[PDB]
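Co-structure: diflunisal and Transthyretin.
Note on naming: letters A, B, ... go to the chains in the order of the sequence lines (proteins, then strands), and numbering restarts at 1 for each one. Computed from heavy atoms alone, side chains included, the values below leave out hydrogens, waters and symmetry copies. For ligands, and for the atoms within them, numbers begin at 1 and follow the listed sequence.
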There are 4 protein chains.
Amino acid sequence: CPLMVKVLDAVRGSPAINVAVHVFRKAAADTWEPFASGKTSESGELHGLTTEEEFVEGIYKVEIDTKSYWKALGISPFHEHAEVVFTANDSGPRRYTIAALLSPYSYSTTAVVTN
Amino acid sequence: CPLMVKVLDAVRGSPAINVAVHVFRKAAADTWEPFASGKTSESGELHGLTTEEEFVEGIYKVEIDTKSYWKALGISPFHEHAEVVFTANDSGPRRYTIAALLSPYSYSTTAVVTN
Amino acid sequence: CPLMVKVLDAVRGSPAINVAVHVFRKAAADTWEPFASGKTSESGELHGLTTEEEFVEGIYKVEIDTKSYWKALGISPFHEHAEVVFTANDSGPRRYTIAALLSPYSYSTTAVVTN
Amino acid sequence: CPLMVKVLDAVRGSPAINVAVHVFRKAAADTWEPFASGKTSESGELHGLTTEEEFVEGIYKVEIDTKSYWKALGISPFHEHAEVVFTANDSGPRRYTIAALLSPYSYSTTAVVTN
Ligand SMILES: O=C(O)c1cc(-c2ccc(F)cc2F)ccc1O
Ligand SMILES: O=C(O)c1cc(-c2ccc(F)cc2F)ccc1O
């Protein structure tokens with residue numbers, strides 16, 4: 001699993017469950033093409049987005065649908081979504097964990113990249 | 001000044017100086033139109049992006065050019081840039097400060113909205 | 001003002017107002033002696049804690065009374081307080097800003113050190 | 001495993017390996033008694049600190065030795081350590097993950113609490 005997304009809720013101290021995630025890959029025409037999508041599990045994790053074969057070098061955008069998450073909890077948050085844009089696999093295949101920690105008016109994102 | 005941007009460097013414990021910032025407004029055609037831009041000052045702040053008259057309700061994107069910042073310091077970063085996407089709402093007089101704290105493999109962003 | 005404290009609220013997107021802050025200096029007997037204290041202002045800032053003459057090199061602890069802050073808002077928090085422990089060094093003229101961003105189950109702290 | 005500690009490095013985008021962690025529990029005499037200690041693994045995680053039987057209700061302090069970690073990497077960081085102080089098990093037994101994300105002049109900590 002070369003690309004995993006993990007989302008946590010800083011208000012409740014819990015995984016952020018059922019968060020929609022959309023991944024895009026930049027195409028030669030300077031356009032974002034849909035690449036993979038899913039929702040976080042009860043553990044706040046989203047596995048199985050892609051395979052080593054399909055996850056080639058490129059610029060990828062991970063959009064985490066934070067506004068939909070907060071609204072379902074009755075909170076009107078500031079951001080529309082969190083976007084994580086990065087070059088992947090430019091030095092060869094790597095495994096990427098994109099983690100996000102969410103509050104209504106703030107979020108943090110970190111990448112853990114392993115060989 | 002209804003919209004200000006402040007950027008900090010978590011590696012050096014300093015304002016992030018000379019960081020390029022581009023602001024876009026979402027247009028009816030589902031496209032990002034350039035709205036304002038600048039570079040952060042010696043205090044890490046970018047003032048004067050817009051006016052009360054021009055900063056109407058809508059969806060805005062603030063792109064912070066973090067990759068160039070780390071490259072100028074000789075540090076290998078993860079993200080292409082940091083993107084902050086939000087709706088501006090007329091809920092009474094408001095000032096929006098978009099703050100970002102930068103590390104090579106992580107960033108956090110918060111909105112401070114005051115009257 | 002060589003030492004300033006700034007506190008933000010990541011749930012409301014606002015300065016954290018009326019937060020008690022206590023500063024201690026490490027004494028030779030491996031004990032924390034009270035040094036300065038106050039409450040954050042309407043801007044979330046606490047100025048005037050010390051002077052250049054009194055703020056000598058040493059180990060300092062800044063305790064931010066986060067639990068009382070969340071309790072006043074009716075939100076159940078995790079931490080008893082946030083603690084920031086650091087050495088102050090005479091590396092030339094310096095001003096220290098200790099910033100903290102608060103959520104019920106998470107906080108971040110950064111030092112901005114400027115000349 | 002009712003108490004686990006996870007540490008990440010925001011400069012390298014990696015687990016923070018070999019980070020020393022000391023846990024203390026507040027005793028009736030208003031004193032911190034040593035409770036457990038260990039070092040993070042190659043995955044940045046520290047398991048096996050305590051048992052359900054020994055991890056009773058109380059106020060606990062988790063000290064993460066961040067300064068020693070950064071110095072071994074040739075970085076002089078701002079903080080002496082990160083301290084996480086919290087009441088545990090006051091509503092019955094819970095499982096606690098204390099996560100910390102480290103940069104030289106900044107850190108963030110979050111708790112994930114599950115039943
Ligand atoms: O940038 C973030 O999203 C972030 C993430 C963590 C964190 C990382 C990994 C993990 F397993 C748990 C966490 F809380 C802790 C703090 C933080 O700011
Ligand atoms: O999410 C962020 O960008 C963030 C910002 C701050 C911060 C905000 C405002 C300020 F004047 C100083 C700061 F360190 C402190 C911590 C933090 O995580």
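Other chains with a heavy-atom distance under 4.0 Å to diflunisal (ligand 1) are given as A, B, D. Interface atoms of diflunisal (ligand 1) facing A:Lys6, defined by a heavy-atom separation under 4.0 Å, are 11 (F). Of all the heavy atoms of A:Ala100, the ones lying under 4.0 Å from any atom of diflunisal (ligand 1) belong exclusively to the backbone. Counting heavy atoms only, D:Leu8 comes closest to atom 8 (C) of diflunisal (ligand 1) of the residues D:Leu8, D:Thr109, C:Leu101, B:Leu101.
Organism of origin for chain A, per the PDB: Homo sapiens.
Distance from atom 7 (C) of diflunisal (ligand 1) to its nearest protein heavy atom, with residue and atom name: D:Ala99 CB, 4.2 Å.
Using a 4.0 Å cut-off between heavy atoms, A:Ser108 contacts diflunisal (ligand 1) through both its backbone and its side chain. Evaluated by nearest non-hydrogen atom to atom 1 (O) of diflunisal (ligand 1), the leading choice among A:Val7, A:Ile98, A:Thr110 is A:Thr110. Among the UniProt-annotated L-thyroxine-binding residues of chain A, those with a heavy atom closer than 4.0 Å to diflunisal (ligand 1) are the following: A:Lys6, A:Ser108. Within diflunisal (ligand 1), the atoms closer than 4.0 Å to a non-hydrogen atom of B:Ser106 are 1 (O), numbered from 1 in the order shown.
With a non-hydrogen cut-off of 4.0 Å, the residues around diflunisal (ligand 1) amount to A:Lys6, A:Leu8, A:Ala99, A:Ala100, A:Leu101, A:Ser108, A:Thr109, A:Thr110, B:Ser106, D:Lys6, D:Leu8, D:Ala99, D:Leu101, D:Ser108, D:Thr110.
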